[PDB]
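In the text below, chain A, chain B and the rest are named by the order of the sequence lines, each starting its count at 1. Technique stated in the header: X-ray crystallography, 2.3 Å. Every number for a ligand or one of its atoms is a count from 1 in the order of the listing.
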Amino acid sequence: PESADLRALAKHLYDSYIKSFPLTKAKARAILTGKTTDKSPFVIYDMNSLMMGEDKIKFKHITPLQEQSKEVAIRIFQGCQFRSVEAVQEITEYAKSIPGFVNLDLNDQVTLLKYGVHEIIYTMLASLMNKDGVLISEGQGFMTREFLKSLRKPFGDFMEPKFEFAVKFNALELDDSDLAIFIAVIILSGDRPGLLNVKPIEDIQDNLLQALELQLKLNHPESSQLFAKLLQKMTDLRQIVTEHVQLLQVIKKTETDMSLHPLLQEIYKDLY
Amino acid sequence: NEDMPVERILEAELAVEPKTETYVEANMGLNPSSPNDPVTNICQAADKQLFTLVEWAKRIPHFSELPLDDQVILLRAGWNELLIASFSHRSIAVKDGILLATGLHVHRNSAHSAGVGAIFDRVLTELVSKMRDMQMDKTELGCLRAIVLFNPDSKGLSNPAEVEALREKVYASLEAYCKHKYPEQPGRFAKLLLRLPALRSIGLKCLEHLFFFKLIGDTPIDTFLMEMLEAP
Amino acid sequence: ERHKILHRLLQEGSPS
Amino acid sequence: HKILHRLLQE
Ligand SMILES: C/C(=C/C(=O)c1ccccc1)N[C@@H](Cc1ccc(OCCc2nc(-c3ccccc3)oc2C)cc1)C(=O)O
Ligand SMILES: CC1=C(/C=C/C(C)=C\C=C\C(C)=C\C(=O)O)C(C)(C)CCC1
């Protein structure tokens, strides 16, 4: 493809990206670095601070899911489940904007989303993190890495792998226009189990890949091997997802009332 | 030579085949042992290839210059993907099946019967067929494996960045190699790097199986494979 | 498998 | 790791 076509593609994705995802990285970092006037986020970092933090199940509008009732751990667990469900809907919409996606076999569309969704959620989760913690609730709060790490039994090992990934990933300094293309590359993966027609998917990915490569050269002229460092992140996402699935299995064994949202059960049933 | 000479990576790959002769020990005349289980014959090949794997790494530029403990870490962390990548590429020469280093050919149905189908089918569809379709050569395979070897995230490394730098030198040498050898295909480099996500997920699932063929025993496996399985 | 809700999202989307 | 450590130091 010609550069103009690659630029058009990248601009198209950036626009539909801004329109699918309310909270962008730019808006997230602006909040983390405290360079955006409109109330700073409350820091929840331990039991006593969380209690004071009624930004999850209290004084505001009862939206965040769970409220002590059955421990702080179940709390957070359900909160992420909910954040996960909103992303799936956003990602699903964003995917429909990728040129060629809605023209693929419906079954393959479903498969690509089934496997791509969590890789994308963790990719975007990195935008809400920094070495010390993660933003929670549209940016309305901030839970520390140390605290999440202290949760009881296996619950305390859920976020750490994600923080490790975010730090290395954030080191690449990608912006939303970069991420828009990267995310599309992840969706159009022709190696997902159960795909019916691989070629159409691969052909589209090749063009997205070339678009991304050009985007990075232009957007980050001084960073060597960035294209390769970024694609490398796609195999790291495989490990985070499988590792996460395993832990969800430990919770399922050590807790009779696991209870998962139907959209996630559907996605998680027979994954990898 | 040039930090990461692609000629030496090819030589590492070539020096530790197969490549004739090694394809007869147990495929058309004799065959020590007599294990009745595809999983057994495969675990034996893994165990055997573990020794050749060390020699291969020694031929990868700069690996041997790292501290001795760093080398151990790198190999303990990457052996299964490294081994899976080797037999998967070797199995391009055969249809619906895998060719072990022991010269043994494991057919699809046997694996399905042994109960390891599915994981076997993923190997064949996500790894073997992808390598065949794009026809990745031995130099490319060698570079991908070197990229796997040089994992800066392995726990315990004395100098993670030194390892990351080595991995990046492979990125540069491989890209240059693709542009010189396959100028007709601008996106071959990326397609090569995108073979890794499936290598990792299949490897993790494989480790998951091994940690079951152990916590049950019943006619154990071989020393070394068992040593690597003591977890990283 | 089926994936009922994923199909729905792809088909229509999500309410307000 | 007997085997691995040994094989590497020769
Ligand atoms: C179901 C599930 C659970 C899970 O990941 C977990 C379990 C136990 C301990 C910690 C985490 N996780 C999701 C994937 C996911 C979504 C969002 C997210 O952070 C988003 C940021 C965020 N928002 C809140 C929060 C909000 C409101 C109340 C309490 C906590 O906390 C965090 C870390 C992280 C991970 C999955 O498997 O699909
Ligand atoms: C194959 C296979 C498995 C593991 C293989 C491993 C860990 C190494 C193989 C190396 C070979 C096959 C080397 C060679 O021949 O050169 C498991 C048990 C998960 C499931 C069944 C299929």
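- The drug assigned to ligand 2 in the PDB is 9-cis-retinoic acid.
- Measured by close contacts, the chief partner of 9-cis-retinoic acid is listed under UniProt as Retinoic acid receptor RXR-alpha.
- Lab note - other chains with heavy atoms under 4.0 Å from 9-cis-retinoic acid: B.
- With a cut-off of 4.0 Å on heavy-atom distance, the UniProt-listed 9-cis-retinoate-binding residues of chain B close to 9-cis-retinoic acid are: B:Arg90, B:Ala101.
- Counting residues of chain B in contact with 9-cis-retinoic acid, the top UniProt domain is NR LBD.
- On the PDB entry, the origin listed for chain B is Homo sapiens.
- Taking only non-hydrogen atoms, the option from B:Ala118, B:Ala101, B:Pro18 nearest to atom 15 (O) of 9-cis-retinoic acid is B:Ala101.
- Not a single heavy atom of B:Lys205 lies less than 4.0 angstrom from 9-cis-retinoic acid.
- Taking the UniProt all-trans-retinoate-binding residues of chain B and keeping those with a non-hydrogen atom under 4.0 Å from 9-cis-retinoic acid leaves B:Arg90, B:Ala101.
- Of the listed residues (B:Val116, B:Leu204, B:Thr52), the one carrying the non-hydrogen atom nearest atom 21 (C) of 9-cis-retinoic acid is B:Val116.
- Each of the following atoms of 9-cis-retinoic acid lies closer than 4.0 Å to a heavy atom of B:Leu100: 12 (C), 15 (O).
- The shell of residues lying under 4.0 angstrom from 9-cis-retinoic acid, judged by heavy atoms, includes B:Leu210.
- Near B:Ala45, meaning under 4.0 Å from any of its heavy atoms, are these atoms of 9-cis-retinoic acid: 15 (O).
- Less than 4.0 angstrom separates some heavy atom of B:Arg90 from each of these atoms of 9-cis-retinoic acid: 14 (C), 15 (O), 16 (O).
- The binding-site residues for 9-cis-retinoic acid (non-hydrogen atoms, 4.0 Å) are B:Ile42, B:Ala45, B:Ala46, B:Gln49, B:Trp79, B:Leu83, B:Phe87, B:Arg90, B:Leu100, B:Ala101, B:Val116, B:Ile119, B:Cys206, B:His209, B:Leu210, B:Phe213.
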